[PDB]
Amino acid sequence: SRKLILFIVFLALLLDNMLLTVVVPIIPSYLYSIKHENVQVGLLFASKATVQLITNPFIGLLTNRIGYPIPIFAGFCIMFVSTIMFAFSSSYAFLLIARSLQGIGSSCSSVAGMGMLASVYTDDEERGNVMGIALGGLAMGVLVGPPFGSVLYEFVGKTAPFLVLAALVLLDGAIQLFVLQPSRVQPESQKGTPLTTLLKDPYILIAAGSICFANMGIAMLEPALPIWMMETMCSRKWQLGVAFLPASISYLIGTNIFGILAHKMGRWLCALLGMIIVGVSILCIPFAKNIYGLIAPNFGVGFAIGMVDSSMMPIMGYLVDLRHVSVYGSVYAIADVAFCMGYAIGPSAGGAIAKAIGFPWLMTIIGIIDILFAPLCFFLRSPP
Ligand SMILES: O=C(c1ccc(F)cc1)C1CCN(CCn2c(=O)[nH]c3ccccc3c2=O)CC1
């Protein structure tokens, strides 16, 4: 009965991404009103992703000393605290602190949950399936966040989305306490291989780079696309919001189905095809003239990112099992660092490049990089 661990990881990722995507619509207007009585949003997101990026190696090393359950419960506690502060804080410094705490909790939950899933599902196929489900939960939380927040804001109040999220967080924490039971400290049997040896592995580097570039695609998509839309198509705000819906839906479907299909098609082949597809979709994005012209490339981008994630995340554990000690804190900390590497420079830089050179040139460069990195996944195939 280890499906409870999968449910806990699923819930943690879902609620974390739900908070990360639900805070967005409300705070900036209140910040502007407070200042009186676009860029700072990207600064908030960069802060959260950067704090998650810094914490990842530390949590990876910590999971080898105190085990997984205590980091998971700590992630839950920090995530609850950040949700409460989001509910009650109205200034900018407190909201920045809330974002940083949410980043720490994101690092804890993601790294420890992936490590626990890898350590529990030792089969190479079941591992792929369960982390495909976990990434599908991440995508589900991303997709549900904004509609849930808008509905609760219109129905009850501004604090309602965060209070309901905090109630769900308390339910998840009660489940964790009942199942995980982080009463004592349980060190792992074998000392983990240091990251200095892990970053020296070309295959782990290749998988991490594939994840990093695949996520960098959408990471620089998010803040630069609305400006280009308003400049060329003069599109409306609802059209801007709808634009990323195909990406989220395709990401959810891709994660859920390719967590299973990667082991059938071949993880290396799935990653190569995903990189090619995301490169082609990003190349085709600038040529669109209407939102209907971006419905298909966004779907391709989401599907390809789901392919790459749900293929490379299992391959990380497979590689660390094959050529390293069977401990998954450090390698999945590396994978989280790969995620945050794109998600942290996205908001901060994407605008800068989209202003220095044209948005079509930026997206052409990103797509060319992804296409050229696609053949590097050829080296991740198994000899037998
Ligand atoms: O949509 C997504 C997605 C994922 C995979 C996939 F394949 C297809 C789509 C998710 C949606 C949440 N974001 C992170 C949240 N976030 C920022 O981090 N920075 C921003 C800067 C400016 C404006 C908004 C944002 C913003 O929402 C991460 C990716």
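In order, the residues displayed for chain A correspond to 18-54, 128-474 in the PDB entry numbering, which applies throughout. Both counts, for ligands and for their atoms, begin at 1 and track the order of listing. When the header is checked for method, it gives electron microscopy, 3.0 Å. As a basis for the values below, the full set of heavy atoms in this structure was taken, side chains included, without hydrogen atoms, waters or symmetry mates.
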message: I'd love to know the name of the drug at ligand 1.
response: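 Its PDB name is ketanserin.
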task: Name the macromolecule with the most heavy-atom contacts to ketanserin (ligand 1) in this structure, as the PDB entry names it.
output: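 Main binding partner here: Synaptic vesicular amine transporter.
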task: Cross the UniProt serotonin-binding annotation of chain A with the residues having a heavy atom under 4.0 Å from ketanserin (ligand 1), and give the overlap.
output: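 By heavy-atom distance, the UniProt-listed hits: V232, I308, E312, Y341, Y433.
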message: I'd like to know the organism the PDB gives for chain A, please.
response: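 The organism in the entry is Homo sapiens.
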query: Is any transmembrane segment of chain A, as UniProt numbers them from the N terminus, within less than 4.0 Å of ketanserin (ligand 1) by heavy atom, and which?
result: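 Non-hydrogen atoms that close: UniProt segments 2, 5, 7, 8, 10, 11.
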message: Mind pulling out the residues near ketanserin (ligand 1)? I'm using a 4.0 Å cut-off on non-hydrogen atoms.
response: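 With non-hydrogen atoms counted, the site is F135, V232, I308, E312, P313, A337, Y341, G392, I395, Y433, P437.
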